[PDB]
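Co-structure: darunavir and Protease NL4-3.
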2 protein chains.
Amino acid sequence: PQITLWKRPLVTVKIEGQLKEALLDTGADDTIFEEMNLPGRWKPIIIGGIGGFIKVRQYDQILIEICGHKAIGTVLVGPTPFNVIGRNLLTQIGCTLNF
Amino acid sequence: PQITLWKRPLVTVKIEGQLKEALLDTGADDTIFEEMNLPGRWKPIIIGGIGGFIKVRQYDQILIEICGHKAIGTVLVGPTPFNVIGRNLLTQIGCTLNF
Ligand SMILES: CC(C)CN(C[C@@H](O)[C@H](Cc1ccccc1)NC(=O)O[C@H]1CO[C@H]2OCC[C@H]21)S(=O)(=O)c1ccc(N)cc1
C-alpha cells in the first residue's frame, strides 16, 4: 500500500495474537511497543529519543504481521507513548520512502 | 528518489543559507532542528518524545530545501539529538511510504 503522510501512518498489526495499532516510523531504528507479554528470553536495555531515555525489555526474533505483511525481528517493550514500527522491521516488509 | 530503510534516511538540507543533514521522520508530526537562528518571530513551545520533553522555539513559514525539493512551514529549534523532517514538511514534497 501507498501511504501519504497527511495523517499519522498508523497501521494495524498482529503480534502475539494481539491486535495493535503502530506507527510506521522511519525515524526509529528499532521497534517498540507498550507493555505486553512476549515469548523468549529478554534483556533490560535503555533507549533514548527526544527529551530523554526509557527502560525497556528487548525481545529477539519476534513475529509481527504489519498490515498483512509478516516480519521477524527485535521488539522492545516499555513506556513508549506510541507503538512504533522501526527500521529493523520496516526493511523486512520492503518499506521505502518516495518523493 | 526512492529511499530504502536499511540505513538511516538522512538527506542534505539547505535552510537559511545553512547546509544540514536531517532525518526523514514519518513518526515526527513536526520538524525540529538543533540550535540555529531563523527569520521571523518565535513562540516557545514544548514537544514530547519517547522518554521526555524539551523546550523549543517555534518558527512559522520557514523555507527548507530538502534534497532539491522546496517546502515552507513550521520549524522548531531546540536541543534535539538529530535534525528531523516531520510530516508537516514531508507532506509538502509529496513524500509517501510504500511497501
Ligand atoms: C529521537 C528521534 C530519532 C525520534 N524517534 C522516532 C520518532 O518517530 C518519534 C516517535 C514518537 C512518536 C510519538 C511519541 C513519541 C515518539 N517521534 C518524535 O519524537 O517526534 C516528536 C517531534 O515531533 C513531534 O511529533 C510527535 C512526537 C514529537 S524515537 O521515538 O525517540 C526512537 C528512537 C529509537 C528507537 N529504537 C525507536 C524510537
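Sequence lines map to chains A, B, C, ... one by one, in the order shown. We number chain A the same way the PDB entry does; the residues here are 1-99, in that order. In chain B, numbers come from the PDB entry; the residues present are 1-99, in order. Atoms within each ligand, like the ligands themselves, are counted from 1 in listed order.
Using a 4.0 Å cut-off on heavy atoms, the other chains next to darunavir (ligand 1) are A, B. Other-chain residues and nucleotides with a heavy atom under 4.0 Å from darunavir (ligand 1) are A/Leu23, A/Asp25, A/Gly27, A/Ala28, A/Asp30, A/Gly48, A/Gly49, A/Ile50, A/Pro81, A/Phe82, B/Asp25, B/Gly27, B/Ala28, B/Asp29, B/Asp30, B/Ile47, B/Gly48, B/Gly49, B/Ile50. Looking only at heavy atoms of the protein, atom 18 (C) of darunavir (ligand 1) is closest to B/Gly27 O, 4.3 Å.
Atom 14 (C) of darunavir (ligand 1) has as its closest protein heavy atom A/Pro81 CG, 3.4 Å. Scanning the protein for heavy atoms near atom 38 (C) of darunavir (ligand 1), the closest one is A/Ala28 CB, 3.5 Å. Darunavir (ligand 1) places these atoms under 4.0 Å from at least one heavy atom of B/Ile50: 15 (C), 16 (C), 29 (S), 30 (O), 31 (O).
In terms of protein heavy-atom proximity, atom 31 (O) of darunavir (ligand 1) is closest to A/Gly49 CA, 3.1 Å.
Interface atoms of darunavir (ligand 1) facing B/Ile47, defined by a heavy-atom separation under 4.0 Å, are 22 (C).
Atom 7 (C) of darunavir (ligand 1) has its closest protein heavy atom at A/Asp25 OD2, 3.1 Å.
The protein atom (non-hydrogen) at minimum distance from atom 13 (C) of darunavir (ligand 1) is A/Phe82 CD1, 3.9 Å. Residue, atom and distance of the protein heavy atom nearest to atom 36 (N) of darunavir (ligand 1) are A/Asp30 OD2, 2.8 Å. Set against the non-hydrogen atoms of B/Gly48, the atoms of darunavir (ligand 1) under 4.0 Å away are 21 (C), 27 (C), 28 (C). Nearest protein heavy-atom contact of atom 26 (C) of darunavir (ligand 1) is B/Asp29 OD2, 3.0 Å.
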